[PDB]
*Asks:* 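Structure uploaded - Bestatin bound to endoplasmic reticulum aminopeptidase 1.
By the PDB entry numbering, chain A shows 46-110, 115-485, 514-552, 558-940, in order. For ligands, and for the atoms within them, numbers begin at 1 and follow the listed sequence. Going by what the header records, the deposited coordinates were determined by X-ray crystallography, 2.7 Å.
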Amino acid sequence: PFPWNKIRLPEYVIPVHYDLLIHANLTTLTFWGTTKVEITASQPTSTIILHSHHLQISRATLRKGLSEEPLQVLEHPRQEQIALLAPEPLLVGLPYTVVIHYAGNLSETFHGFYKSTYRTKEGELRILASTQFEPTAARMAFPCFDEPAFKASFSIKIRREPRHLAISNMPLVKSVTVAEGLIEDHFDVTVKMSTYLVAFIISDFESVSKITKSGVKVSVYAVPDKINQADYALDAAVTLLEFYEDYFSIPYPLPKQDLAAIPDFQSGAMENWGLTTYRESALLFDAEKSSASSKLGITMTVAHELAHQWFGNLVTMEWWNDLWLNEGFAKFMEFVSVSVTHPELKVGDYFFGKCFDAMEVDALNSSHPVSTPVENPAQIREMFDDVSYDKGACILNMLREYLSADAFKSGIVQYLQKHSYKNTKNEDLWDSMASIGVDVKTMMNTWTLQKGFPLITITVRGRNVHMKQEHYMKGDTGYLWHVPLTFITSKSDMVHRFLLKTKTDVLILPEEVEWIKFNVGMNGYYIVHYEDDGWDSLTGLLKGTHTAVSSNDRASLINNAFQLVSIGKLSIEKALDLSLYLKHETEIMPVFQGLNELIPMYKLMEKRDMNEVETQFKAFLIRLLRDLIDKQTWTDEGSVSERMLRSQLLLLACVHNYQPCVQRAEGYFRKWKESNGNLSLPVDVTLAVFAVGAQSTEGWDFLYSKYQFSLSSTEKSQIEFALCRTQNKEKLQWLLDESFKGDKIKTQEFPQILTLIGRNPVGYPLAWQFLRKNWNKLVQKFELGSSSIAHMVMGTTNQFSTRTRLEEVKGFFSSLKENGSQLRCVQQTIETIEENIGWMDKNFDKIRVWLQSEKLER
Ligand SMILES: *[C@@H]1O[C@H](CO)[C@@H](O[C@@H]2O[C@H](CO)[C@@H](O)[C@H](O)[C@H]2NC(C)=O)[C@H](O)[C@H]1NC(C)=O
Ligand SMILES: *[C@@H]1O[C@H](CO)[C@@H](O[C@@H]2O[C@H](CO)[C@@H](O)[C@H](O)[C@H]2NC(C)=O)[C@H](O)[C@H]1NC(C)=O
Ligand SMILES: CC(C)C[C@H](NC(=O)[C@@H](O)[C@H](N)Cc1ccccc1)C(=O)O
Ligand SMILES: *[C@@H]1O[C@H](CO)[C@@H](O)[C@H](O)[C@H]1NC(C)=O
Ligand SMILES: [K+]
Ligand SMILES: [K+]
Ligand SMILES: [Zn+2]
């Protein structure tokens, strides 16, 4: 019988130091290790439980300090634990070293100690071996006390062949020849840290480097054929690292930081201390072929991972229930940092957007509080979602606006200083912020310990402004938040603030107003509804003088109008009437928000027998933006904002067959193709151009023939997108089969390819079938409940709208039993489908008839 029956490890055996030897064979795909960990026991025990997953342990011994003893090894593969059995008890307070020799196979997934491949520009296959342990995979590389609060120092030794280069968290102290054809690289001992942050990579990478003003050596690593795309990320890393050292008032503790581009990577990037890892697409920039969105993306990702060096590495959450302490803060700092470091990106314009994303999931019963209990690996992995990231960021933005920016800054600095090299709970952050009436802790508990967000309802009767709060949920709570409300009026540009702490309250204006708008700049995780003549007043404002409020305010009105349709407070008709203001809009955020609210309506239709209204609805959309579409140049000119807007509108108009866009596109593609790819296309039109070109066999085959050889993450992305738009079912199967096989398109792309095909009007049946027939191998490759699996579940089902379809979805996921039926994402699609059924049963006919009335304009 295994002597320990909990998922969590015992509390009373604590490691202080690991000494890790790793010898990998990149030709036989095998590895051998020797882990030594120094421990002490606070209670007496002759059993030591630690984590191990898929390692074959050959031998385990216990050292006293001279004296050595063999330990009996027991295995519990479900708990992912081994029991080491001592012949004598451990004496309390005395030091012991546990020594374990074991072996493994390089993982073929994207986690643990795993295999990654690439092609040389001369066509030769190349293997490297990299790591990804967050949250629970460290234990697949080396046996350990694999929970984030057992922090320890690490001394890492990698044995390898001369032709390879090894890198890890810390600098290389020395390289020792241990046998003919075998070198041992010794890395310097780390600072105290969590096991999930250990990293190592064995490759033939090349590097470029730059020294910060503070003496940190920053380096980017990539494969030899792509190292000339590292320059932009290197400049960015230096600037951002310098920024944070100043902002947090705590220098970066390590002598070097490396940023490595991995050719096979499941997430976008990872914060391992001193050795941050990235998808190639999240790190490498090509001056001539990369997009504005990709440049924006590299900067933010680097910003994010370097933020983690303080938030996550230096100060770490005690347990994964409080993961948002790492991920919410990192996501937020992206915006804090990059808006000083790269003001030309104007990233603050886009902050709002994440908040609305979170609200899509958070408005459902299947959401969870920011801070919420989890126990097993799949549960822990599911914390890496939009609540921990995006709501975590949003509520911090909210707290920040509520104290000064300086006060906020002071709190986080005291917090980082006090908890340096340690672990925090949710309550520790609040004690810090509470020590800079004002009660931050009660306030921030409402935002972290209960799910969802409030609807604030505004009633104006003369000078009295009645504010009311209740819990927003799509189909009892009595939940209450402390909401920092902001607002502006027709009489002053000055922003007014009210802390609504109660179900209702009232303020008195010094004079009556033509109009009033709440949640200014959308710095608040809540939505607003206006009673009486309120929305007609706001709709009249956007139709007469839209620039009376900001872009961001316009975007928030659009979103809230449609969110309120979904719970019955506003009619679909009044919201679409508001949409009409977009005829005159010019700014990226409200145009994109409109689209975010309107495209999904035709998406639901596309999956039904509804072609008359689908077509009317799409005509209306293009007509709504037609002026802004016709005003776009087929160039790469302007700000990042202008470019992203350009690229999206051109794609949109061409996908909906607006004939002037299409003919131009056809023409660009013909000349491109007839030069055999030699002509340079403007990057911003290339999506639109490839999408049109891929509608012919000639064009699709041609496009695919360039994918083989491309080195540009953007160009590959653009080709992927275009090929997935084909209406030939045999080609959509191929793409699905191939990316899954991973040889001609890499499997890291499969999730998104599966989603784009699920979005294809004639592809959705194929994508839903493929996910079902291939579930087990996909779960093995990506893990339950990773984001990837989550994105696949929702990407293939969340646009369904019928009961027949709901029963399909329910029946499949139920059959999976212990292998997927408890997944949070499955509950989320189900409730999404359920909301789709009712939204469409109510509004379908209303839209049909509204589209007709809106031609009493002709
Ligand atoms: C590494 O992979 C090999 C081969 O895929 C594993 O060895 C096999 O184990 C299976 C299943 O128990 C046996 O039926 C086979 O006969 C084995 N093949 C060989 C060549 O030994 C091996 O277990 C893996 N290592 C670890 C730790 O899991
Ligand atoms: C990994 O395993 C290979 C295959 O056994 C090792 O093989 C060396 O390389 C070639 C390929 O077979 C042989 O001709 C050599 O003679 C083998 N070793 C030597 C010293 O000559 C390879 O060295 C191993 N790599 C690691 C890192 O352990
Ligand atoms: C939010 C993005 C800008 C980048 C993001 N990376 C991170 O959050 C890292 O800080 C995470 N700590 C890495 C991670 C992601 C998924 C599973 C395990 C581990 C990612 O999506 O990978
Ligand atoms: C909301 O959540 C809980 C947990 O799954 C459940 O008991 C309850 O049925 C849910 N409410 C509705 C309307 O489904
Ligand atoms: K400073
Ligand atoms: K969960
Ligand atoms: Zn992160």
*Asks:* What is the full set of ligands or chains that belong to Bestatin?
*Replies:* ligand 3
*Asks:* Any idea which residues from other chains are within 4.0 Å of Bestatin (ligand 3), non-hydrogen atoms only?
*Replies:* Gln181, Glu183, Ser316, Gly317, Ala318, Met319, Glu320, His353, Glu354, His357, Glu376, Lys380, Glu383, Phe433, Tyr438
*Asks:* Do any UniProt substrate-binding residues in chain A have a heavy atom less than 4.0 Å from Bestatin (ligand 3), and if so, which?
*Replies:*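 By heavy-atom distance, the UniProt-listed hits: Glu183, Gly317, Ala318, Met319, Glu320.
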*Asks:* Any neighbours for Bestatin (ligand 3)? Other ligands or ions under 4.0 Å, I mean.
*Replies:*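 Below the cut-off I see ligand 7 (zinc ion).
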*Asks:* Which residues overlap between the UniProt Zn(2+)-binding set of chain A and the residues with a heavy atom under 4.0 Å from Bestatin (ligand 3)?
*Replies:*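 The UniProt Zn(2+)-binding residues passing the heavy-atom test: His353, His357, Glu376.
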*Asks:* Can you tell me the UniProt active-site residue of chain A nearest to Bestatin (ligand 3), plus the heavy-atom distance to 1 Å?
*Replies:* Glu354, 3 Å
